[PDB]
6 protein chains.
Amino acid sequence: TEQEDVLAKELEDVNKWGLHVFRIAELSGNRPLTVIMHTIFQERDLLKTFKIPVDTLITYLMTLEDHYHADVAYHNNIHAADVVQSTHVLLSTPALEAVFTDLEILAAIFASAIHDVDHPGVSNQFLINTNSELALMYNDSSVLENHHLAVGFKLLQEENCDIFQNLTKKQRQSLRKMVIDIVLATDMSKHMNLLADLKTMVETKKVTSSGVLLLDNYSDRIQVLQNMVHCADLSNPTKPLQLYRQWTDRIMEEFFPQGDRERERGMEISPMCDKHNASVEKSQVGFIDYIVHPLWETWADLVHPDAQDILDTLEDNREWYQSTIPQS
Amino acid sequence: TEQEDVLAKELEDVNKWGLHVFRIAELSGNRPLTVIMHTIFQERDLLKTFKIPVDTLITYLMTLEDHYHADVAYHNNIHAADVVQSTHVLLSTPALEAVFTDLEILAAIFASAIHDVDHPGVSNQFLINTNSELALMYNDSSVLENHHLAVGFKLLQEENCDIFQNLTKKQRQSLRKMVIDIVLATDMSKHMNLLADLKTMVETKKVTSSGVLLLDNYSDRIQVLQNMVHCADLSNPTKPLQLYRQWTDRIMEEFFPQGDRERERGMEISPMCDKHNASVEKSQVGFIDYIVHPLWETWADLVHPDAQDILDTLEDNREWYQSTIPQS
Amino acid sequence: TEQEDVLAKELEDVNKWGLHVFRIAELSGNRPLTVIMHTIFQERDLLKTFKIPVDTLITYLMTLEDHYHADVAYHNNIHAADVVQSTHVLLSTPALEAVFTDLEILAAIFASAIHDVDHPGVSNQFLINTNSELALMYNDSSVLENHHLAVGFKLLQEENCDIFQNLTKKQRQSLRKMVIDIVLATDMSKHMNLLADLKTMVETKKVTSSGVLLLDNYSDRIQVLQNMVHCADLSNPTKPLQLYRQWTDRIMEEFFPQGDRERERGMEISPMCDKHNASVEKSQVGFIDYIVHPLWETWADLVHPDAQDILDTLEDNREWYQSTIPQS
Amino acid sequence: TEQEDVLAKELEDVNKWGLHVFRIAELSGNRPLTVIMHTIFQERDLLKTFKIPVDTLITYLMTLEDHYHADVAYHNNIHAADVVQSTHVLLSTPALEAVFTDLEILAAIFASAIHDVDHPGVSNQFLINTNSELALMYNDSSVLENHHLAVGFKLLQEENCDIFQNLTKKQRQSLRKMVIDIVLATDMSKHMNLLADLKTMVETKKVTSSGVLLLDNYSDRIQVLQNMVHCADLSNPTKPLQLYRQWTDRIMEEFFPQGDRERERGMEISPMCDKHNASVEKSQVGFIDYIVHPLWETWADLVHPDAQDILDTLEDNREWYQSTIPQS
Amino acid sequence: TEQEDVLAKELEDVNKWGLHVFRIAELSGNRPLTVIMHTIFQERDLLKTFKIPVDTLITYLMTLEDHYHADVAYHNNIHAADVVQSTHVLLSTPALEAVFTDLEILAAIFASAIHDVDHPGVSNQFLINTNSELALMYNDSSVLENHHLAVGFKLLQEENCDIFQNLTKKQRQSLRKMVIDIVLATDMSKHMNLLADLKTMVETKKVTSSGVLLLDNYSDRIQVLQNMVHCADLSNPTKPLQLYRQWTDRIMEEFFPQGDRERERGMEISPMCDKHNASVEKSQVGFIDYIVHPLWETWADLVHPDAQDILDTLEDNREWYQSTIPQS
Amino acid sequence: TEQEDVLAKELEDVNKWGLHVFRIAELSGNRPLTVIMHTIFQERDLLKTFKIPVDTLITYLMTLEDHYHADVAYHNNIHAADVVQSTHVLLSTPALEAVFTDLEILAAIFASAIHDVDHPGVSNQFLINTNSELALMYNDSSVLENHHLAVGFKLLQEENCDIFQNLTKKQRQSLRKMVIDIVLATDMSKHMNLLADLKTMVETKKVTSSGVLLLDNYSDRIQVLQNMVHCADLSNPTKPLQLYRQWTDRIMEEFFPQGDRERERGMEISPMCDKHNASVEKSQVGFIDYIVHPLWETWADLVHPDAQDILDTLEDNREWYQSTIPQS
Ligand SMILES: COc1cc(-c2ccc(=O)[nH]n2)ccc1OC(F)F
Ligand SMILES: COc1cc(-c2ccc(=O)[nH]n2)ccc1OC(F)F
Ligand SMILES: COc1cc(-c2ccc(=O)[nH]n2)ccc1OC(F)F
Ligand SMILES: COc1cc(-c2ccc(=O)[nH]n2)ccc1OC(F)F
Ligand SMILES: [Mg+2]
Ligand SMILES: [Zn+2]
Ligand SMILES: [Zn+2]
Ligand SMILES: [Zn+2]
């Protein structure tokens, strides 16, 4: 147990934003998802609360993690582990003190864990344009996201892989509904609407004297959980620069093979996916300007100002990439 | 070619509302869909307009029809053939004179043809509650409707079953989009919204001096096509009583086995599906009062008054079933 | 003063809906507008209330009437006189008891009087398509309606033609605004919006215990006056059949010469304007179904049920024309 | 061809924001509009694309420019030339890459060119209050803007002045509609609504990965073109201070004669138009604070951040004028 | 115990719509409220469910009933008893099966019981116009309704008059809130808004397969309870004609003395309150047309079709009063 | 008349935002309300415009001021005087130039003057929870606000205390309505709705060329007056820091005795009212973040940018208090 001590030391920052997931990925023999999921369940005492057999949890996590493609640069088990950990941190934000039930917390975390499982490394648009079997199956509607959900739920049926075995029938139904609602919201084509509803909610925001939010009905809470996992899924630009840059390299490394795939097919090369005409820096600045910042700014509003540091980091990272943009 | 003359004589009423599809079903050796689809394509000169190889058309129709379950009382090839023929008639309504392009007409008719293919005879709710593989796959969202589309499109890939082989790439894309949008609208859980948008469209209705509707953009036209196939799908109570009654018998015959299936499962017997406590007459009156009449009344408004007779027949049939309701 | 007694006897029905304006037209030597306007001003004591010199009133009315084309079958001084009289009757509806100020009443009546002055007998669309100087002038926007207002106001500047000479500067400004707002609303291309706002107002309708409407702000009152003159302008189908039919003959007599004009120009013959392919009866049924009935039904709602008889007459006249529709 | 070289050298900055239009005005013998319009048409290859006879173009431009009053300090051919050039630059903004068709581009530029033709040097309000023939004509509604359109279109009818002679009938119709919609939007009384719709469009803003806007329907594109020409028309405070100040001098020089005109009429002197009580500096700061900055800030958002420099210049110029405000 | 048997026989119809409350009023020595409230509490087992001391209940009911003025023709203990009984019946409608908790049922019934207590026989408007101490107190806002609530709650404080003595502190708080919300909704000036929200709720209506409504949150349920007691309060025209007519006589008998009071004050006589110019028949037809029918029609929709008979009766009674309208 | 000169010198800043009301309170022998009200009435020539007997005005002001509790740290005559003066300044904002009638101006100022009269120093919630007679009276609805109105109007009835004695009956009615509507809007529980309507009004904002707002109907104007007095009532954090801090000390000094009162009652100590656990600085930052800034930001928008300085001051004061927040 040499470096196993270093691993355990790294996992001590599970509640901190910039957790170094990449190191944990190595120190765990490529099991960041299993490791992090397990430690978060311990941390949240979910194992006890829902009577989840530890052996069952690990058996499931192992299978789930196995279904994340190793030959995929970005959408893999490290990404999954990252979104899980980020959702974990966001759930603990002060403004959301005791707002969510244990079942809702469980759903959000489980949803994060499976949100991209079995991702092939190509976009929904690619799958649609190449007339993939997956697109045929899902009628070009949230092709990947639907698939992720199917796979994640399917794996629960195997050998004591069913970590939810001891939840009441009603609880199992709720969890399935919430998980489906959250993961389907990670589809980027739903970003605008999601953000719109979030803004509508930031106004008409009901807060208790202390500072905690007041979410009465389900549709209000599920909306927050959706945007939360969405923020977690799009949190790379808000993490410490060293991490962010690694992610950017991975996502570009994945976009290019798709562009290559498209060049072979004779297809119109998707934007950013063109190896010979990419502006990595500009793309990041744009990605932040059009998607990430608008979203996080709104989130920062809702949980004001618990997200103030994250927002600041985002804006700093934008300037860094901005400066890196070639001037010629 | 003895009764083959009678069949050809029956098909002469392909443009009339009360076509006797059940007779055509027999006279064709249980090939009403293939027969009616083919005659409507001839009638509309679609074979020529889209260069569809006749042999290819029949090959596809045969396969498609084969995928409609024979042991299913209502959701089968006769129902499919009926919705196709009804859509065909509705498309020819005066108020919609030259409003739709040939591609849109093609899509609506093709959509009708595959709208319920491979239907198992149980409801989406049943599939969801019994944790079916199909519901797991489609995340309890338009489970059946999604499946119908997948199967119908999949069959096109086989042996010269691709009747669309000679459409431009752009046309193939539009047709697929429209077909998906139309079939997903046949999901009954979307009825209220669909009807709501239709009403919003009846007001603000733009008509030319002659009487023809003015549909400018796609979202306006696709909305009409959706409601149209939806009306066709829920057209039984508007057909001649002799036909309507046969349909009612079939739908109840199908509902009960589901109720039986549920009784075995130990599940709560769905309403109307309970063999020992059904009020067939009341159910029809209710079905007409809450769903069919509200929908057709609105449709009758949009195409006023081309649908006046259909509305009258509907109201007459309602009174007939009303009278039949036991008074004890 | 032989028949001058009959004329005075006819004018006794100035407050009744079916006034026989055509007879009054003859008995007055083609001065129905001057005659009816004068008698309504007397009737409403407007001459006193606004210190209008009787000689000035008649001088203006004469000039105004003179500017209505004699060679125009429908849009002439008899039509003007009719809309004036109808607005007069509508203003007296019980539901609008003391709702409007004398200035507003004056504006509505004056607006009616000039609403179609100097009408050339062709449609706005014709003027636009033929690149008329009038359309060039008004940028194809409410070409005729703008023109009517310009002419009607311009005539006031002449020889003691200024019947408003004794209104305060503020009153003159309000009257001009209201008149412009009402006449521009007679443009048929604004029918849908006008009707829409009227419906929105029928809901949220505030009525006093007795039954009188409650119109607080100007935009509410000007909206009612707009729709009122619009109803008056489209009141032919709601008058006694003998009158209605005469109007229908005149309007068709005017549409055809435009159609002839278009045939000469080599232009696409406008619908209904085609002498060799008109279905006068069908056109009326359509006109009532798509425009008149929807409007009057809404108006009948707002002033419920003071307009109940008018609505009934409208529906009876629809059936009459319906029956007259050739069955071959 | 001495200074004709300097002129050609100045025109080299036709694609740059701060083009020195005033110098070009002199170097061209007071033909900045003709010169700049011609060079922009060359630059955009519109002459070729729409088969416009060069002789016809110059003939029209000459006539158009002639109809701009020489004795009017601000609303003259230099202003027209300036709005044209600014629209030209705005059209080339990165965010609007290939968003507009050539016809739409043509419309926007042509609209800018005639947007103030035959402007008398007094406001719409003045024309209305003085009961001008123009106000009588247009019923106090966008009096000037309507007139500009009428004159600009009328001039096309003359001697090979019809630069649009080779556009299909459909194109001519679209161009006319767009031109009318754009110029009528230059009416300042429509600023609040226009800005409101623009803000509504900045949210719900659909952008492609690269950064280009996505405008699907016409009403979306015409709305952008409207606000664009409106921005161009109110672009003075955003230009280099040396230019801005010259414009401010001209506009104040024009406002005062109106104020003088009003003093003679015995009318209430309009604000800012009072020669003896004007605060030129304060007025500019106010003009920027209430109109210009709110508009440009919104525009900068829509095309973010292509307009960042323009916004900065605007804010700098505001501070300059702010400092100049007398402290006594 | 002679007629005490008849009384007990009458109370047997406590669950039926047309209960003869007037007879019960006599047979009980003018204690219809006490009698009917008690029998409804027994009927609903509320005494047990909330541990209400029977002696306490009667003590309170007696005091409450005593605070209803005997010299008031309509707004007295019989009216109170009627609204209570009607609310009781409406609560039992099939469509609202197990929708409300016992506390909510208690609140609705208690609210009905005190909804008009200590009513002086004059309108809020009268109280406002005469500068009553009550209007001064309540700032002309729901003057009477506020007063009713104050008195009804105040009486609970007396000698074992506190029938809620055994409810948890939380329950007492909820009941007070609901009661206040319901009674303040009986203010006629809030009718339009209440009806508006009810219509909005009829659309978007969520019903279970069986037919029962689905009311998730409180604001949805309290809205239904509000409209319910409002319907009960305006239920006279929906009751059997013999009853309805007696109510109409009483309400007119009360309106007139107010009209007399106003004639003495020298005040403008309120509409309908004028003894010498009333059209009792017309007033009822109007009352039904503008208030009662619109409300009940909407309610009938929400609980469709449990209220079908009530609606029919209402429409029959309208025609009766319509016919009675003098024709001279 | 020693310091009476200093007093008169202080009152010279009555039209300036940061007026030092506390000094004026001393220099006037604790009569800031009477003094400031009188000077504002002089300033606005209201005495003349409404024929208010000066002796009557002072008699009323003296009585009114007397009804503000001396033993109440915040909600007293100095607060009243402050809200009056602030409303006075806001009414004079450029953007609202001649928008309000003299009666509306009178109502707003009178409403401010009485808005908290006879305030006991405890919250509505306290009065409700302690079952106060006042809460019983007003059914827990705007308990204090209703009371303030009642007392302020009641005092007018006394000895020539009726300053409105010479207003027409109609004017008296309007003033009463507006005053009631404005004061009831000072209830903090209506803040969210009020702000919501204000935002809805900032969009769809209609402004004249010059910069002045356009408020057509009453409901629009009364809405602005409501939010105005609401802004005035919540203006402390927007005043110069020296003033703001004094107010903060007073409000906390008042909150604590309530908390003490609650500790004695054995009640749950209200937030912020707990003497032993208050974070005065944090509370202010929160108060500004959740209530004040959101409100003023919106107001600044409506009257843009007349309120720019006030907004800046608010944000500066927020940072000051933020810095003061203990870091341990
Ligand atoms: C209750 O009756 C009917 C119900 C349905 C029907 C179809 C889809 C569905 O989801 N629910 N009901 C279809 C037909 C019916 O009756 C008759 F027309 F055959
Ligand atoms: C107050 O300043 C200016 C005002 C206008 C201007 C234009 C149209 C209008 O209606 N009102 N003002 C135009 C330019 C100005 O200043 C400078 F840019 F030249
Ligand atoms: C005009 O008739 C009626 C009016 C009311 C009634 C009640 C409250 C109110 O404010 N206005 N009218 C109540 C009953 C009536 O009639 C009959 F049902 F008794
Ligand atoms: C938390 O601070 C403050 C709170 C209030 C305040 C007023 C009414 C209310 O209901 N709640 N808080 C008023 C002023 C404050 O601070 C400062 F401006 F004096
Ligand atoms: Mg202009
Ligand atoms: Zn201009
Ligand atoms: Zn009542
Ligand atoms: Zn206050």
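Residue numbering restarts at 1 for every chain, and letters A, B, ... go by the order of the sequence lines. Note: hydrogens, waters and symmetry copies are ignored here, and every other heavy atom, side chains too, is used. Quick check of the header: X-ray crystallography, 2.9 Å. Counting starts at 1 for both ligands and their atoms, in listed order.
The chain with the most heavy-atom contacts to ligand 1 in this structure is named in UniProt as 3',5'-cyclic-AMP phosphodiesterase 4D. The compound at ligand 1 is the drug or drug candidate zardaverine. Other chains whose heavy atoms approach zardaverine (ligand 1) within less than 4.0 Å: B. Residues of chain B contacting zardaverine (ligand 1) are mostly from the UniProt domain PDEase. In the entry, the organism recorded for chain B is Homo sapiens.
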